[PDB]
> 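Have a look at the structure that comes next, please.
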Amino acid sequence: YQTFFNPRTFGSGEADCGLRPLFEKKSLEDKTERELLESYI
Amino acid sequence: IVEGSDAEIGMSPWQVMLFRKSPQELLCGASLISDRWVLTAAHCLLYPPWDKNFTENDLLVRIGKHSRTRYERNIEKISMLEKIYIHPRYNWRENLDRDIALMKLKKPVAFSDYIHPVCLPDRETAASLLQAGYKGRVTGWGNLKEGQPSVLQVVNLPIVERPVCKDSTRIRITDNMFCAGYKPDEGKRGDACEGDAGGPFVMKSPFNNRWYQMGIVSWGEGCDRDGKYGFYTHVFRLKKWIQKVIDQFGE
DNA sequence: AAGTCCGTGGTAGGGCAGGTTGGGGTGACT
Ligand SMILES: Cn1c(CNc2ccc(C(=N)N)cc2)nc2cc(C(=O)N(CCC(=O)O)c3ccccn3)ccc21
Ligand SMILES: [Mg+2]
Ligand code: NA
């Protein structure tokens, strides 16, 4: 991922956006995300 | 959410609740895209046909919430709105074209296990994920059928072919919206409902494992009717407006 | 598949640009 906005106006958060502390950060998958993944095939 | 399930704790940490102060009621969903910017639907703040017209002081936002009711100490956070920006091309009468608003928090919110922003799509994520049959995730505390739920609901819905969207409604739809939901012949069901409007339609990239908000819950004829689909605001298409508002008026 | 359409009101002012707004894409239609 690469940033698009200026943190001064946008705020913090963009660098690490869309990665959940309790799932992606822990290498745990939620109970239905697999459904999404399988739809992209 | 109709035909959904209970969200797991921390499953949608960009979920935001948009409340009216007095009398206290849940108005809409919304999403956290940074420590101080929130995305929602324009009609949540301004919709003259329902004499809906809201200023910054009328509203409250609650973040990091699982249970609709009880206060969740050291988990949820309260915030006030500094300023609201509705898209100038928002059409509240004909077709809800460009149904999007940006909302600036009066102070930055701290991130946690329960509070974390969603990514905004770029051209390539739009090109890769916006395909008929590809599924995204809708979340909210709106009605379970056409009883508002105890805890946040989640359902996964396929993006639909454009010609089907168009034939599903008399409304003159535009390139600034898309539709999602199962067809009658697919057997499966599910949809957003009243109270889910303004919440995010998210999608997980198989390329970088990140969640992207591709859509905003905008409008639908009833909820979960056969031959009807939920309409979502096309976030990527409006990303330039987002950037301009944030550049021109941020912190 | 040569191309052509996506602004002057509309959701709405003062004006024919552009602004927080008429870009370019899941392009669509012929
Ligand atoms: C339900 N809902 C909401 C908000 N909550 C919401 C609820 C459910 C869903 C959902 N079912 N996923 C998604 C959002 N706003 C709505 C505006 C109209 C409406 O304005 N029009 C005219 C303009 C236009 O909508 O084009 C329209 C459409 C068909 C007929 C007549 N009128 C109908 C329904 C609306
Ligand atoms: Mg104009
Ligand atoms: Na449906």
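Order of the sequence lines fixes the chain letters, A, B, ..., with proteins taken first and strands second; residue numbering starts at 1 for each chain. Per deposition record, X-ray crystallography, 2.2 Å. Just follow the structure's listing: the first ligand is 1, and inside any ligand the first atom is 1.
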> Of the candidates fluticasone furoate, dabigatran, minocycline, fumagillin, which is the one found at ligand 1?
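It is dabigatran.
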> Help me with this one: what macromolecule has the most contacts with dabigatran (ligand 1), named as in UniProt?
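Greatest contact count: Thrombin heavy chain.
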> Mind listing the other chains that have a non-hydrogen atom under 4.0 Å from dabigatran (ligand 1)?
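Counting heavy atoms only, the chains are B.
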> List the closest protein heavy-atom neighbour of atom 12 (N) of dabigatran (ligand 1): residue, atom name, distance to the nearest 0.1 Å.
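Checking every protein heavy atom, the shortest distance to atom 12 (N) of dabigatran (ligand 1) gives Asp191(B) OD1, 2.8 Å.
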> Distance to 0.1 Å, residue and atom name: give those for the protein heavy atom nearest to atom 29 (C) of dabigatran (ligand 1).
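The protein heavy atom lying closest is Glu221(B) CG, 3.4 Å.
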> If you have a sec, work out which protein heavy atom is nearest atom 23 (C) of dabigatran (ligand 1) and how many Å separate them, to one decimal?
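For this ligand atom, the closest protein heavy atom is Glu94(B) O, 3.5 Å.
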> Across chain B, in which UniProt domain are most residues that contact dabigatran (ligand 1) found?
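For dabigatran (ligand 1), the UniProt domain is Peptidase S1.
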> Could you tell me which organism the entry lists for chain B?
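The entry lists the source of chain B as Homo sapiens.
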> Nearest non-hydrogen contact with atom 11 (N) of dabigatran (ligand 1) belongs to which option: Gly140(B), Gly230(B), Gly181(B), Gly222(B)?
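Heavy atom nearest to atom 11 (N) of dabigatran (ligand 1) belongs to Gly222(B).
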> Could you work out, for atom 21 (N) of dabigatran (ligand 1), the closest of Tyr47(B), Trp92(B), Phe231(B), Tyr229(B) by heavy-atom distance?
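Closest candidate by heavy-atom distance is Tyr47(B).
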> How far is atom 5 (N) of dabigatran (ligand 1) from the closest protein heavy atom, and which atom is that?
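Going atom by atom, the protein heavy atom closest to atom 5 (N) of dabigatran (ligand 1) ends up being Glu194(B) OE1, 3.4 Å.
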> Using a 4.0 Å heavy-atom cut-off, say whether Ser218(B) meets dabigatran (ligand 1) through its side chain, its backbone, both or neither.
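Backbone only.
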> So which bit of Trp50(B) gets within less than 4.0 Å of dabigatran (ligand 1), heavy atoms only: side chain, backbone, both or neither?
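Contact part for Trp50(B) vs dabigatran (ligand 1): side chain (C-beta onward).
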> Which protein heavy atom lies closest to atom 10 (C) of dabigatran (ligand 1), and at what distance to 0.1 Å?
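Of the protein heavy atoms, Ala192(B) O, 3.3 Å lies nearest.
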> May I ask you to identify the nearest protein heavy atom to atom 4 (C) of dabigatran (ligand 1), giving residue, atom name and distance to one decimal place in Å?
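For this ligand atom, the closest protein heavy atom is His43(B) NE2, 3.5 Å.
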> Where on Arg93(B) is there a heavy atom closer than 4.0 Å to dabigatran (ligand 1), on the side chain, on the backbone, on both, or on neither?
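The answer is the backbone.
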> When you measure from atom 1 (C) of dabigatran (ligand 1) to every protein heavy atom, which one gives the shortest distance, and what is it?
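Here the nearest protein heavy atom works out to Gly220(B) O, 3.1 Å.
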> Could you check atom 31 (C) of dabigatran (ligand 1) against the protein and tell me its nearest heavy-atom contact, residue, atom and distance included?
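Protein heavy atom at minimum distance: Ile171(B) CD1, 4.6 Å.
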> Hey, could you tell me which residues sit within 4.0 Å of dabigatran (ligand 1)? Heavy atoms only, please.
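The heavy-atom site around dabigatran (ligand 1) is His43(B), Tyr47(B), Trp50(B), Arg93(B), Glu94(B), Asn95(B), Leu96(B), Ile171(B), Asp191(B), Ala192(B), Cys193(B), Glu194(B), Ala197(B), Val217(B), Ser218(B), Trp219(B), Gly220(B), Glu221(B), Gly222(B), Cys223(B), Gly230(B).
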> Filter the dabigatran (ligand 1)-protein atom pairs down to N or O on both sides and distance under 3.5 Å, then list them.
from	atom 1	to	atom 2	distance (Å)
dabigatran (ligand 1)	5 (N)	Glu194(B)	OE1	3.4
dabigatran (ligand 1)	11 (N)	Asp191(B)	OD2	3.3
dabigatran (ligand 1)	11 (N)	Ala192(B)	O	3.4
dabigatran (ligand 1)	11 (N)	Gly222(B)	O	2.9
dabigatran (ligand 1)	12 (N)	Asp191(B)	OD1	2.8
dabigatran (ligand 1)	12 (N)	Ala192(B)	O	3.2
dabigatran (ligand 1)	20 (O)	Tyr47(B)	OH	2.3

